[PDB]
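cAMP-specific phosphodiesterase PDE4D2, liganded with rolipram.
Letters A, B, ... mirror the listed sequences (proteins, then strands); counts begin at 1. When the header is checked for method, it gives X-ray crystallography, 2.0 Å. Heavy atoms only: backbone and side chains are in, while hydrogens, waters and symmetry mates are out. Counting convention: from 1, in listed order, for ligands and their atoms alike.
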There are 4 protein chains.
Amino acid sequence: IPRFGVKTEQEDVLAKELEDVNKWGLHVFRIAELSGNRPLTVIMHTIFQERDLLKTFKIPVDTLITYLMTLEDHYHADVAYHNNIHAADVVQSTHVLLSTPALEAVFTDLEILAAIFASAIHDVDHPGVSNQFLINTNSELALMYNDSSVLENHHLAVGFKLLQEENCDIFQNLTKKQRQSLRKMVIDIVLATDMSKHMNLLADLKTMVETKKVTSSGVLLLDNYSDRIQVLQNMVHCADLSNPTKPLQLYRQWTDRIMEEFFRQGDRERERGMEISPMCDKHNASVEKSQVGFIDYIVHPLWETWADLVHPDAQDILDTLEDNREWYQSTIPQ
Amino acid sequence: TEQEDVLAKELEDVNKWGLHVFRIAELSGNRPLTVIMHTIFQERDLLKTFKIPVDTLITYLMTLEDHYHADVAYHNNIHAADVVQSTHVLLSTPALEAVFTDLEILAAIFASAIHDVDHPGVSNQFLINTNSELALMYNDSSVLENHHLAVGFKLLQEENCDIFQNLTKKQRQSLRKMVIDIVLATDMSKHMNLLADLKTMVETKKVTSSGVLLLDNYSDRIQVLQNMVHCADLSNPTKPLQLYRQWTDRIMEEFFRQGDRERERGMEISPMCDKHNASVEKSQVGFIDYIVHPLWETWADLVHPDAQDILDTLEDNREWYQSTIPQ
Amino acid sequence: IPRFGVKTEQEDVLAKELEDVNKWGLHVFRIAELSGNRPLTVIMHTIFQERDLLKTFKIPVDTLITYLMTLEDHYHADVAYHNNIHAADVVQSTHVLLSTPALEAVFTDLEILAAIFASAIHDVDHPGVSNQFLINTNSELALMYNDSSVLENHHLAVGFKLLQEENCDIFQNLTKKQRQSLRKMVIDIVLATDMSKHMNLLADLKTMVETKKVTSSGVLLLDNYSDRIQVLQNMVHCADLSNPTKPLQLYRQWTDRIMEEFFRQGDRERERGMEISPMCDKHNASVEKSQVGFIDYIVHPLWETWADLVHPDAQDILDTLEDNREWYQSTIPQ
Amino acid sequence: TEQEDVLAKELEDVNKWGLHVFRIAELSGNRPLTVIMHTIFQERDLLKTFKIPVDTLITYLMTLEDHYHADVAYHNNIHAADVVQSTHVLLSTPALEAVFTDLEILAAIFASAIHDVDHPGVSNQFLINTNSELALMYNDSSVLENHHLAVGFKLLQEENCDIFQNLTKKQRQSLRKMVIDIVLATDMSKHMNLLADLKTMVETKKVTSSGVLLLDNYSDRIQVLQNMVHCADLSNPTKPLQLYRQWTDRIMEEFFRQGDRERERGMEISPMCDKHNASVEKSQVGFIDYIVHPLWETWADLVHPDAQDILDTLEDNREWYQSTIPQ
Ligand SMILES: COc1ccc([C@H]2CNC(=O)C2)cc1OC1CCCC1
Ligand SMILES: COc1ccc([C@H]2CNC(=O)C2)cc1OC1CCCC1
Ligand SMILES: COc1ccc([C@H]2CNC(=O)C2)cc1OC1CCCC1
Ligand SMILES: COc1ccc([C@H]2CNC(=O)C2)cc1OC1CCCC1
Ligand SMILES: [Zn+2]
Ligand SMILES: [Zn+2]
Ligand SMILES: [Zn+2]
Ligand SMILES: [Zn+2]
Ligand SMILES: [Zn+2]
Ligand SMILES: [Zn+2]
Ligand SMILES: [Zn+2]
Ligand SMILES: [Zn+2]
């Protein structure tokens with residue numbers, strides 16, 4: 001029954017931080033500390049209230065919080081990058097992207113709910129290792145998902161499964177039609193987060209930009225499920241790949257975390273007598289170069305395309321990415 | 001005794017299109033998949049090539065066959081034996097002579113044998129609509145096909161059932177990836193794509209100085225195997241009318257049963273599952289015209305003219321059913 | 001199945017057979033036939049209405065029918081004995097046992113609900129082979145349940161799991177308290193149907209009958225949970241082992257079905273080179289002898305003890321058992 | 001290597017009851033389970049005896065230890081290492097010399113190693129109340145223990161992890177049964193009877209020629225093994241005070257975190273899990289008085305007098321905590 005979803009006497013400082021919920025560059029780490037490591041629960045609660053999703057979908061308030069806490073409890077606290085903080089961050093970034101001027105009134109509430117819920121569960125119960133590692137070891141997960149998008153299929157199943165715990169079904173008052181539509185979009189979005197799908201996603205996105213249509217209002221025209229879900233997929237995907245576009249201070253912390261996680265896998269791999277995966281070798285690591293390359297061949301190409309689709313709404317995000325790209329470049333030891 | 005002699009006579013057509021699979025099922029005490037698989041395995045000296053202890057092969061086959069539903073009219077062990085035998089025939093076609101390795105041959109055959117294991121008699125969509133545990137587990141995507149794979153492989157783990165116990169790590173690794181690629185291709189929701197990309201291949205077709213089809217990379221190799229097994233799965237209409245008619249009676253019984261269940265549950269009845277407003281004859285012609293014939297005609301172009309006789313039996317059965325529609 | 005609010009031919013016939021639902025010896029096989037192979041759904045529905053369980057527990061009728069059909073759909077039609085007709089039989093039998101005068105007003109509606117629900121799901125998804133066969137073949141079911149009460153654990157897991165399919169949660173309106181109590185009782189009852197528990201289960205029933213206490217009206221007195229659940233467990237165990245107490249005409253059909261199922265397992269075991277389980281070899285079977293043994297060592301000792309518990313309430317039932325015993329005895333070919 | 005020596009030195013106590021398991025955890029890069037298990041397996045020549053390839057042993061150990069949650073304060077790889085090492089010491093109790101076969105010894109050490117694998121840091125009742133997937137799968141009965149067994153055995157199926165590959169079908173069947181019997185008995189709800197039967201076995205106690213414990217039937221042999229591992233799992237209070245207080249701090253951190261989770265959810269806060277109404281000291285004394293002491297009193301009363309030093313340490317530790325009880 002508390003103000004932001006959880007109990008905390010630093011509630012005033014947290015309240016002040018959550019004022020930036022609609023802003024790119026939210027101090028998600030401070031919010032994580034101030035909420036007692038409940039960034040996903042408080043940030044989702046704030047966004048649901050802000051968007052009036054509880055009333056619109058008849059979600060009892062206690063059910064929402066029980067589910068959110070349950071969901072957050074299933075992200076691993078010992079995983080440096082793919083944890084609840086990353087989940088909270090993607091949820092909040094997706095929230096900002098959905099509010100872009102070029103997309104106003106374009107998506108329905110159910111579609112908005114789907115993008116946000118998808119963002120919240122997109123990495124749930126991530127072991128801290130890649131699909132390839134899960135595949136090489138013949139893990140039960142790899143076997144159940146026939147080696148195809150193992151982690152991603154797993155994130156979805158868990159997200160939906162938790163809905164079944166006590167007082168966790170936040171979709172209990174949606175009609176069958178709403179639940180099927182929602183479920184489909186969510187699945188379509190989370191499966192798209194698998195990096196092995198990046199190129200085809202980006203390709204289709206560019207195509208859409210090439211044939212970009214806008215209504216009498218200055219907003220994007222999306223006439224069919226295919227184009228709609230495609231935008232939602234690239235949106236969430238952009239949010240999942242938005243670290244380099246945040247204020248350097250936040251970006252650098254994500255870099256330290258993604259590397260700390262990659263090195264754990266690297267170590268675990270050499271212990272098991274496996275070939276150390278790329279960028280997972282703390283002994284042969286070029287953190288800076290790696291980040292620059294990540295931007296040059298992945299992040300910038302994606303955000304440059306998204307920027308065109310919603311031009312000029314994302315111009316500042318793109319400028320920050322470039323400023324950050326140059327910082328790391330200047331950090332590469334020679 | 002008399003039983004063995006009759007069954008052995010029938011097993012003699014194992015390499016021919018039109019095997020009396022229904023007779024074999026009867027005579028083998030309902031073990032058509034086990035007897036036909038073992039038959040084919042010896043016929044291809046597969047037990048020797050991959051050093052598969054015989055007792056282990058029979059144990060696994062009976063196990064796999066046991067996980068096919070006896071109460072399911074169409075998607076049962078007979079269908080499985082049929083797709084296995086049919087793929088066995090397509091593998092021996094002239095244009096593919098000496099093309100595939102013993103390992104790839106094993107994969108297409110294994111894939112065929114498990115492609116529908118533990119089939120419940122209802123479609124993916126029915127399992128999705130009812131929120132089945134299976135659908136939730138595979139996120140509504142190729143639900144049954146993913147399950148067929150999982151069961152097929154998991155069954156290798158039962159007592160004295162690992163028929164790949166002697167294959168090397170590299171072999172197992174390669175087999176697993178091909179079977180997954182093959183079975184997942186059986187999902188009809190992926191028919192249009194397979195057929196479209198199969199035609200694209202026939203247009204860039206490349207025959208070697210041996211008159212045999214040339215397949216360089218894995219992508220080309222697998223696509224042919226996926227389509228081969230896909231044609232085998234969709235071969236009922238190209239078989240002798242005697243068999244084809246039985247397959248039709250069986251699939252309709254299964255579809256009608258799904259419709260009765262949907263009617264029970266108040267769900268909307270699926271197309272061709274309403275026993276009160278059905279047109280079996282008409283549906284069969286439509287199935288051949290928009291799906292079966294379009295596909296088998298493409299396969300004919302790839303192995304021209306190896307499948308000419310199959311393609312003619314289809315057009316023939318097509319007419320038989322057409323001249324059956326009342327007025 | 002009806003037509004214009006007025007019943008159809010078969011339904012009427014089914015309705016007239018269902019009038020003996022409160023009687024020992026219902027023509028359950030005729031009902032299976034008349035109901036289009038839906039004996040479990042029709043009998044469960046008849047009983048829920050008779051005991052007013054839908055109003056008492058606010059179960060929407062459509063939800064109940066949907067779950068019942070779903071539950072019945074998970075019993076294997078290709079299994080001769082452990083199928084939906086058996087489930088229906090144990091349900092109707094438990095139902096008759098609950099109405100014994102010696103137990104009037106003893107149990108609450110929740111306990112009555114648990115006894116009935118447990119009966120309905122007690123053998124769901126039975127594969128037609130024993131626990132030992134699943135253990136010796138290293139089935140995944142055996143692995144999942146660590147070879148302990150494999151099938152009984154599975155029956156339970158499936159029975160509860162089905163409540164989660166579309167519009168199948170018949171307990172959606174019970175409070176958490178009612179659900180946790182119902183669930184514990186159902187679990188305790190079903191796990192007790194494992195024959196390996198028979199001896200200890202019977203020992204405690206006798207012990208209870210030894211210390212039997214009545215309210216000078218015949219009405220048994222069950223204070224604590226330990227005695228209440230024990231009686232319920234034994235009740236459903238009796239229903240499960242009630243075939244030998246039904247009119248011979250019914251009993252013989254059950255005997256033919258169990259033998260068919262046992263012989264099939266033997267066939268599979270002989271195929272697989274496994275040793276043939278007791279009474280599973282069709283080439284060396286003593287059907288009449290086996291039934292005699294089954295009655296003398298298991299069924300008669302159980303029912304005689306139950307006869308004592310509710311005496312004289314089960315005198316007729318015991319009389320039928322002994323008569324069927326003699327009949328089978330005189331049938332043994334010398 | 002500078003530390004490799006220190007670690008190797010610390011390992012000179014692998015056979016001593018009081019090993020600084022925490023030190024081994026640090027010096028080994030947090031691989032106390034893999035390290036202790038390897039040392040002990042060689043210590044007993046288990047590798048050669050059962051023909052267990054070193055690779056497969058280390059790979060499974062790392063794979064097993066990796067499924068222990070590093071975020072959990074008490075039920076983690078360190079606790080697992082401690083229980084393996086402890087069971088190891090007890091197995092060497094003179095009153096048991098030559099009593100157990102190598103397969104029975106492997107069974108008790110393996111069980112120990114996986115007895116808490118994949119523990120989420122919350123109790124069975126917490127999983128039951130929340131309607132967790134695990135509880136629904138295991139029907140609220142020994143939920144976690146069933147899970148610990150499942151994961152322990154399943155991890156043998158991963159890449160080069162099956163350490164029991166070279167065992168006959170008879171060995172494997174017996175090992176599996178024994179392990180299951182041991183881990184399932186670690187469920188505290190099984191405590192009262194497990195102790196009851198242990199006492200009875202001590203009354204009718206009987207020794208052989210050498211004067212070593214006489215265990216005829218499986219029932220008795222497994223009962224001794226079940227209780228042995230149970231004592232190892234309930235051995236914290238019997239270790240030197242320094243180690244004991246570390247464990248106490250650890251269980252309490254875990255318990256309070258559950259209480260915090262129960263409180264966030266408006267759930268009833270479980271006994272001793274409320275950091276606002278805690279009696280850490282009084283609870284340790286109650287734990288020793290009503291559970292740990294009666295248990296160890298009987299064990300030492302079965303391996304008389306090998307566990308005398310242990311029992312006395314326990315009693316000393318109890319008094320220390322008792323003096324820390326406010327009021
Ligand atoms: C903070 O930077 C990164 C931020 C986010 C990611 C996600 C994309 N794929 C993943 O597995 C995680 C990778 C990053 O760095 C990668 C680029 C170079 C090395 C790792
Ligand atoms: C030979 O009959 C058929 C045999 C096999 C199939 C497979 C294709 N999809 C399935 O689910 C099974 C369809 C048939 O015809 C059906 C299509 C229209 C009516 C029946
Ligand atoms: C009425 O027949 C029987 C009906 C029901 C059972 C249950 C008890 N155990 C089971 O596996 C099923 C046994 C029967 O008789 C058996 C005893 C000897 C041969 C078959
Ligand atoms: C070192 O202390 C303890 C050590 C070990 C345990 C086992 C018993 N249950 C578990 O989950 C672990 C309890 C302890 O103390 C408890 C007793 C009273 C409060 C906590
Ligand atoms: Zn991800
Ligand atoms: Zn992510
Ligand atoms: Zn299929
Ligand atoms: Zn098929
Ligand atoms: Zn049963
Ligand atoms: Zn039964
Ligand atoms: Zn434990
Ligand atoms: Zn433990």
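Within this structure, rolipram can be identified as ligands 1, 2, 3 and 4. In this entry, the other chains with a heavy atom less than 4.0 Å from rolipram (ligand 4) are D. Around rolipram (ligand 4), within 4.0 Å by heavy-atom distance, are found D:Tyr74, D:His75, D:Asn236, D:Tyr244, D:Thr248, D:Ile251, D:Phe255, D:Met272, D:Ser283, D:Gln284, D:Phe287. The nearest protein atom to atom 19 (C) of rolipram (ligand 4), hydrogens excluded, is given as D:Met272 SD, 3.5 Å; this is a heavy-atom distance. Scanning all protein heavy atoms for the shortest distance to atom 4 (C) of rolipram (ligand 4) gives D:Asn236 OD1, 3.4 Å. Atoms of rolipram (ligand 4) found under 4.0 Å from any heavy atom of D:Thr248 (numbered from 1 in listed order, with element): 1 (C).
Protein heavy atom nearest atom 5 (C) of rolipram (ligand 4), with residue, atom name and distance: D:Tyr74 OH, 3.3 Å.
Proximity to rolipram (ligand 4) (heavy atom under 4.0 Å) is shown by these UniProt AMP-binding residues of chain D: D:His75, D:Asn236, D:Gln284, D:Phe287.
For rolipram (ligand 4), the nearest UniProt active-site residue in chain D, with the shortest heavy-atom distance to 1 Å, is D:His75, 3 Å. In this structure, atom 20 (C) of rolipram (ligand 4) lies nearest to the protein heavy atom D:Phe255 CE2, 3.5 Å. Looking only at protein heavy atoms, the nearest one to atom 6 (C) of rolipram (ligand 4) is D:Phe287 CZ, 3.8 Å. Residue, atom and distance of the protein heavy atom nearest to atom 15 (O) of rolipram (ligand 4) are D:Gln284 NE2, 3.2 Å. What the model shows is no covalent bond from rolipram (ligand 4) to a chain. Heavy-atom contacts of D:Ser283 reach the following atoms of rolipram (ligand 4): 18 (C), 19 (C) (cutoff under 4.0 Å). Proximity to rolipram (ligand 4) (heavy atom under 4.0 Å) is shown by no UniProt Mn(2+)-binding residue of chain D.
D:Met188 CG, 4.4 Å is the protein heavy atom nearest to atom 9 (N) of rolipram (ligand 4). Grouped by UniProt domain, residues of chain D touching rolipram (ligand 4) are mostly found in PDEase.
Among the atoms of D:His75, some N or O lies under 3.5 angstrom from an N or O of rolipram (ligand 4).
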